[PDB]
Each structure stands twice: as C-alpha cells, then as structure tokens.
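Written below as structure tokens is the structure these notes are about.
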Amino acid sequence: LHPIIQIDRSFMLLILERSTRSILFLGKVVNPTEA
Amino acid sequence: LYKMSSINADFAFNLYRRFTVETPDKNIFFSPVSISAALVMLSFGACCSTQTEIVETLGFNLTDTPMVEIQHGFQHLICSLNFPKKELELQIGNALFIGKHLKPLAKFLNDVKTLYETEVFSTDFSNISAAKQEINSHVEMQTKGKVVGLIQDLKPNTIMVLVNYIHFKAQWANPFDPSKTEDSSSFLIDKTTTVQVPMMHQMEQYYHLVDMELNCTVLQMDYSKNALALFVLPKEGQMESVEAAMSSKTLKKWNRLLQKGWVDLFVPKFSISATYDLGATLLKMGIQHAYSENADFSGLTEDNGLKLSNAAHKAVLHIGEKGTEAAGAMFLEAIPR
Ligand SMILES: Cc1cccc(Nc2ccccc2C(=O)O)c1C
C-alpha cells in the first residue's frame with residue numbers, strides 16, 4: 001500500500017543544516033554520471 | 001538567525017536560476033552559504049556604496065537589517081555551523097592571502113581572525129605560480145582532499161586572495177544496505193535518453209510529500225544529527241516551473257506539509273562536481289563599485305589600494321549508501337586599484 005519514490009530522472013537536491021536553517025548546498029542533478 | 005537564513009535562501013535560489021540560464025539543462029552544484037560568507041567577509045572591509053551594493057546583492061535591505069546586524073548575524077552563523085556536533089562533520093572557514101606589500105588595517109585583521117576564524121597568510125604574489133599552488137593546496141587540505149585545483153588562473157598582478165571553504169560529511173539517519181543496491185539501473189537524462197547508475201534501495205519511513213500546486217515529489221532524508229537532504233523530483237517536463245517557484249516561502253510550506261510515512265525508495269549512488277566563474281554574474285546582480293577604480297575598501301587597507309577582479313566557486317558532491325560528503329570553496333581575487 002506504500003508509495004514508490006524512484007529518483008530516476010532529473011532532480012533538485014538541497015542540503016540543509018537544521019539549527020540555523022542554512023542551505024549548505026544546492027543543486028540539480030541532470031546526469032549523475034556526467035564528466 | 002532565521003530571517004537572515006531566509007534571505008540567504010532566496011539569494012541561493014535567485015543565483016540558482018542565473019545558473020540555469022548560464023549552464024542550462026546541465027548539472028548544477030554549489031554552496032550558497034560559501035558564496036554568501038565570502039562576499040559578506042569582503043563587505044566587512046568595504047565602505048559606502050561599495051559595501052551597500054555587496055550586501056544588497058546578497059539580498060539584504062539596510063532599513064530592515066542595518067549593516068551591523070548583518071555583520072553580527074553572519075559571525076553568529078559561521079560560529080554556529082562550526083560548533084562541534086556528534087556524528088556530523090561540518091566546517092566552514094576562510095583564509096586571506098595578503099600581498100607582502102599591502103597595508104592591511106590591523107583592526108580588520110584582528111577582527112576577521114577573532115570573529116570569523118579567518119586564517120591570515122602573508123603571500124609572495126611576485127611568484128604567482130607558487131602562490132597559486134599554496135592557495136590551492138590550502139583549500140584542498142581544508143576540504144579534506146575534496147576540492148582540488150580551485151584556482152586555475154591567477155592574474156599576474158594579484159595582491160590579495162580571499163578564500164572560503166566548506167566541508168560536510170554525514171551519515172544518513174537510515175543508511176542504505178549495499179547488498180540491495182542495484183549495480184546498473186536506468187536514469188532519465190532527457191526525454192528519450194537514459195544513463196546507467198547504481199540505484200540504492202530501502203523500505204523505511206520518510207518525511208515526504210507531493211506538492212499539488214507545483215507537481216513535484218519532495219523527499220527528505222535526514223542525516224543522523226542536525227542536517228537533512230531534500231530531493232525534489234518534478235513530474236516529467238515540469239522542472240522549469242519548479243525551478244521558477246523555489247524560494248524560502250516554498251521551503252517554509254514544505255516544512256509544514258512534509259509527513260512521515262512508509263516509502264519504497266530508490267536513490268542513485270553518484271558523484272558530481274561543478275565550477276563557476278562568478279566575475280560577470282556578480283557585476284550583473286549589482287556588485288559594481290567593488291570592481292571599479294573607485295572601489296572603496298577603506299576598512300581593509302590604509303591606502304585603499306585594491307579592487308576586486310575575479311571570483312570563482314567550485315563544489316563537489318558524493319552520495320552513497322552510508323551518507324553524503326560534500327565540499328565547496330569560494331575565491332575572490334584583488335588587484336591594484
Ligand atoms: C525557509 C527555510 C530555509 C532553510 C531551512 C528551512 N528548514 C526546512 C525547510 C524545508 C524542509 C525542512 C526544513 C528543516 O530544517 O526541517 C526553512 C523552512
């Protein structure tokens with residue numbers, strides 16, 4: 001009965017620190033094997 | 001702090017949108033906090049319109065938050081991010097490489113050292129190549145080997161370099177089991193094209209949601225202490241409209257709506273890296289006088305002898321079964337005024 005989440009196409013990523021509510025890193029992965 | 005971090009978030013997203021115009025349909029990866037920290041530090045020594053422009057480009061309004069509150073907020077921010085936390089590595093620091101013949105105000109030096117942890121190095125920029133290696137090596141060391149070769153080219157007349165570096169390493173609250181990782185799974189890179197990536201797989205409870213306005217799935221994976229990752233997965237062909245909506249207001253909404261529940265979750269194992277020449281971008285966004293021959297950094301040196309010439313960022317990311325390791329570094333170059 002559980003939703004499937006498949007990160008299998010382009011996605012945005014945020015890495016956040018909780019106490020300061022800072023965005024440490026921000027990005028979009030279009031091609032995770034690129035370069 | 002949160003009203004600061006909210007302005008810092010909207011700067012992040014505005015800059016992100018500039019990048020999706022400069023390098024479109026390509027990987028984007030940066031540390032907004034690294035870029036903001038470096039520029040705020042550059043503002044500490046600036047005066048008048050030079051200082052005003054920098055912080056306004058950073059997204060602050062000097063009526064709502066006077067210059068001193070901004071300075072004090074960023075000092076408390078860096079201090080907080082660096083505070084020792086169990087089971088999470090996070091360090092953001094900076095270094096000022098000062099030309100042998102510059103006249104830095106010992107005020108500005110003592111204050112960056114004591115208030116932003118700044119490390120100060122007298123640098124022989126008459127050996128431009130050796131100086132470049134020294135800075136690059138310092139950044140590599142401070143990012144635990146992850147940011148290599150930050151400065152590709154360094155102008156022969158450089159007389160100051162300001163560097164900021166951030167390193168992050170953390171374990172997922174719920175690590176993936178590598179025996180359940182699929183060696184080769186499809187990832188759609190455009191309408192009709194796939195690449196093969198390792199796909200990690202876990203069945204656990206996660207905070208997640210479907211944003212019904214924006215038509216994207218938001219998935220939160222916590223790190224074991226004080227940090228989280230948000231994955232934002234648009235419906236097919238909806239990425240531009242999600243990008244246009246990203247903002248602090250949107251993050252606040254998701255913070256409210258995210259609900260924990262069971263998920264059958266597949267996440268790719270991968271690494272990326274990105275580099276940005278930020279010179280022209282920053283001029284456009286409103287940082288003008290800092291580049292001109294009438295730049296006012298009278299808080300920095302006795303003779304106000306310098307101007308900004310170049311700026312660049314490099315960031316790298318690795319996500320695997322155990323957690324995430326990420327790093328970034330910001331580079332601001334000054335030459336004679
Ligand atoms: C606006 C903003 C900016 C940076 C971090 C936060 N915090 C979150 C935003 C969305 C989802 C989760 C969080 C969180 O830190 O729990 C917020 C609300």
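Numbered from 1 within each chain, the chains take letters A, B, ... in sequence-line order. FYI, side chains are in, hydrogens and waters are out, and symmetry mates aren't considered; it's all heavy atoms of this structure. When a ligand or atom number is given, it counts from 1 through the structure's own listing order.
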**Asked** Quick check: what drug is at ligand 1?
**Response** mefenamic acid
**Message:** Would you let me know which chain has the most contact with mefenamic acid (ligand 1), using the name from UniProt?
**Reply:** Thyroxine-binding globulin
**Asked** Which other chains are in heavy-atom contact (under 4.0 Å) with mefenamic acid (ligand 1)?
**Response** A, B
**Request:** Could you tell me the residue and atom name of the protein heavy atom closest to atom 10 (C) of mefenamic acid (ligand 1), and the distance to it rounded to 0.1 Å?
**Result:** B:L251 O, 3.2 Å
**Request:** Tell me what the entry calls chain A.
**Result:** thyroxine-binding globulin
**Request:** Look at mefenamic acid (ligand 1) and say whether B:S248 reaches it with a heavy atom at a distance under 4.0 Å.
**Result:** yes
**Item:** Protein heavy atom at shortest distance from atom 5 (C) of mefenamic acid (ligand 1)
**Value:** A:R21 CB, 3.4 Å
**Item:** Distance-only N or O hit between mefenamic acid (ligand 1) and A:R18, under 3.5 Å
**Value:** yes
**Request:** Specify the source organism of chain B, per the PDB record.
**Result:** Homo sapiens
**Request:** Considering heavy atoms of the protein only, find what lies nearest to atom 13 (C) of mefenamic acid (ligand 1) and give residue, atom and distance to 0.1 Å.
**Result:** B:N255 ND2, 3.5 Å
**Asked** What is the residue-level binding site of mefenamic acid (ligand 1) with heavy atoms closer than 4.0 Å?
**Response** A:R18, A:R21, B:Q220, B:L228, B:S248, B:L251, B:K252, B:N255, B:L258
